[PDB]
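Notes on a structure featuring L-captopril.
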Amino acid sequence: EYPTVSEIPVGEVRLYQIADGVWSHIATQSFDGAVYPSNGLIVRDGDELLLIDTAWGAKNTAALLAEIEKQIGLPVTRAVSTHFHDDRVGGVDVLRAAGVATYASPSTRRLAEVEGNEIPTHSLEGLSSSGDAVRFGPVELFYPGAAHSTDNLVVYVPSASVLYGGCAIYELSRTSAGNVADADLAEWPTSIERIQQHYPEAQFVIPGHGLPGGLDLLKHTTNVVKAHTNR
Ligand SMILES: C[C@H](CS)C(=O)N1CCC[C@H]1C(=O)O
Ligand code: NA
Ligand SMILES: [Zn+2]
Ligand SMILES: [Zn+2]
Ligand SMILES: [Zn+2]
C-alpha cells in the first residue's frame with residue numbers, strides 16, 4: 001500500500017503513516033525522461049513536527065507543507081537535511097520562508113554551498129566522525145561514515161523502531177548503482193555495517209528512494225555497491 005512513483009504526479013506529495021507519530025513523505029521528479037520517487041520522514045514531537053528532508057524541490061516542498069497542514073495539522077518547527085543533494089535541501093528556502101528552522105551538519109552545509117544548492121540555516125554539532133550519534137528531538141541522528149555521499153546521515157526513531165537510511169540505503173528493487181558521483185564506494189560497505197551495528201533492532205527501514213522494507217535493505221545495498229565496485 002506504499003505509494004509508488006506511478007501514482008504521484010510531479011508537483012504532488014503523499015504521506016504514508018509508518019507507525020504512530022511517524023510518516024514518510026513521497027514526492028516525484030522527472031530525470032532524463034524517467035520519473036523517480038523520493039522519500040523523507042515526518043516525526044511527531046509533542047504538539048509539533050520534525051521534518052526530515054525536503055520533498056525534492058521548491059514546488060514539491062510547498063505541496064508537502066500544504067499536505068502536512070491538511071492531513072496532520074501540527075506545525076513543522078524544524079527540518080533536518082540528511083545530505084547536500086537537491087532531494088534533501090531543494091526546498092530549504094521554502095521551508096525557511098514558512099518559519100521552519102532548517103538544520104544540517106557543517107559538512108552538508110559546506111558541500112551544498114560548493115554545489116550552489118540551498119543551504120540549511122543551522123549547523124548540527126557532534127556528527128563529524130564515523131559512528132557519531134546525537135539526539136535531536138524525537139530522533140537520533142547518526143553519521144555512519146561516507147557512503148552515498150561524504151556527509152550522509154541516517155535517522156532513527158526509537159519510539160517506533162524506524163530507521164531512515166536516506167540515499168545511503170537502496171530499495172530492494174534497485175539492482176544497480178544509482179548516482180554515485182559523490183559517493184565513497186570504498187567506505188560505503190563499512191558505513192553500512194556501522195548502521196547495522198548501531199540499529200540492530202530496527203523494524204522498518206526507509207530508503208531515500210522507493211519502498212520501505214526491513215534490515216535486509218542494508219545487505220542489499222552492500223551487494224549492489226560491491227558489484228558496482230567490481231565493474
Ligand atoms: C537528485 C538525486 C540525489 S540522490 C539523484 O541524484 N537522482 C535522482 C534521480 C536520478 C539521480 C540523478 O539525478 O542522477
Ligand atoms: Na544510538
Ligand atoms: Zn544524493
Ligand atoms: Zn533559527
Ligand atoms: Zn537521493
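Residue numbers count from 1 along this sequence. Side-chain atoms are counted along with the backbone in the values below, which use heavy atoms only and exclude waters and symmetry mates. First listed ligand is number 1; within each ligand, the first listed atom is number 1. Quick check of the header: X-ray crystallography, 1.2 Å.
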Item to check | Place of L-captopril in the structure | outcome: ligand 1
Checklist entry - According to the PDB entry, what is the name of the macromolecule sharing the most 4.5 Å contacts with L-captopril? => result beta-lactamase class B VIM-2
Checklist entry - Do any non-hydrogen protein atoms sit less than 4.0 Å from atom 6 (O) of L-captopril? => result yes
Item to check | Nearby ligands and ions, under 4.0 Å from L-captopril | outcome: ligand 3 (zinc ion), ligand 5 (zinc ion)
Item to check | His85-L-captopril polar pair, N/O distance under 3.5 Å | outcome: no
Next on the checklist: Students should be able to answer this: which protein heavy-atom is nearest to atom 10 (C) of L-captopril, and at what distance?
Outcome noted: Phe31 CD2, 3.6 Å
Next on the checklist: Could you identify the single nearest non-hydrogen protein atom to atom 11 (C) of L-captopril and state the distance to 0.1 Å?
Outcome noted: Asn179 CB, 4.1 Å
Checklist entry - Should you measure from each heavy atom of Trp56, which atoms of L-captopril turn up under 4.0 Å away? => result 1 (C), 8 (C), 9 (C)
Item to check | Those atoms of L-captopril less than 4.0 Å from some heavy atom in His148 | outcome: 4 (S)
Item to check | Within-shell test, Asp87 vs L-captopril, heavy atom, strictly < 4.0 Å | outcome: yes
Checklist entry - Can you list the atoms of L-captopril that are under 4.0 Å from a heavy atom of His209? => result 4 (S)
Checklist entry - Which residues and nucleotides from other chains come within 4.0 Å of L-captopril, counting heavy atoms only? => result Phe31, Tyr36, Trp56, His85, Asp87, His148, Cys167, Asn179, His209
Anything under 3.5 Å between an N or O on L-captopril and a protein N or O? List each pair with its distance, or write none.
from, atom 1, to, atom 2, distance (Å)
L-captopril, 6 (O), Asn179, ND2, 2.9

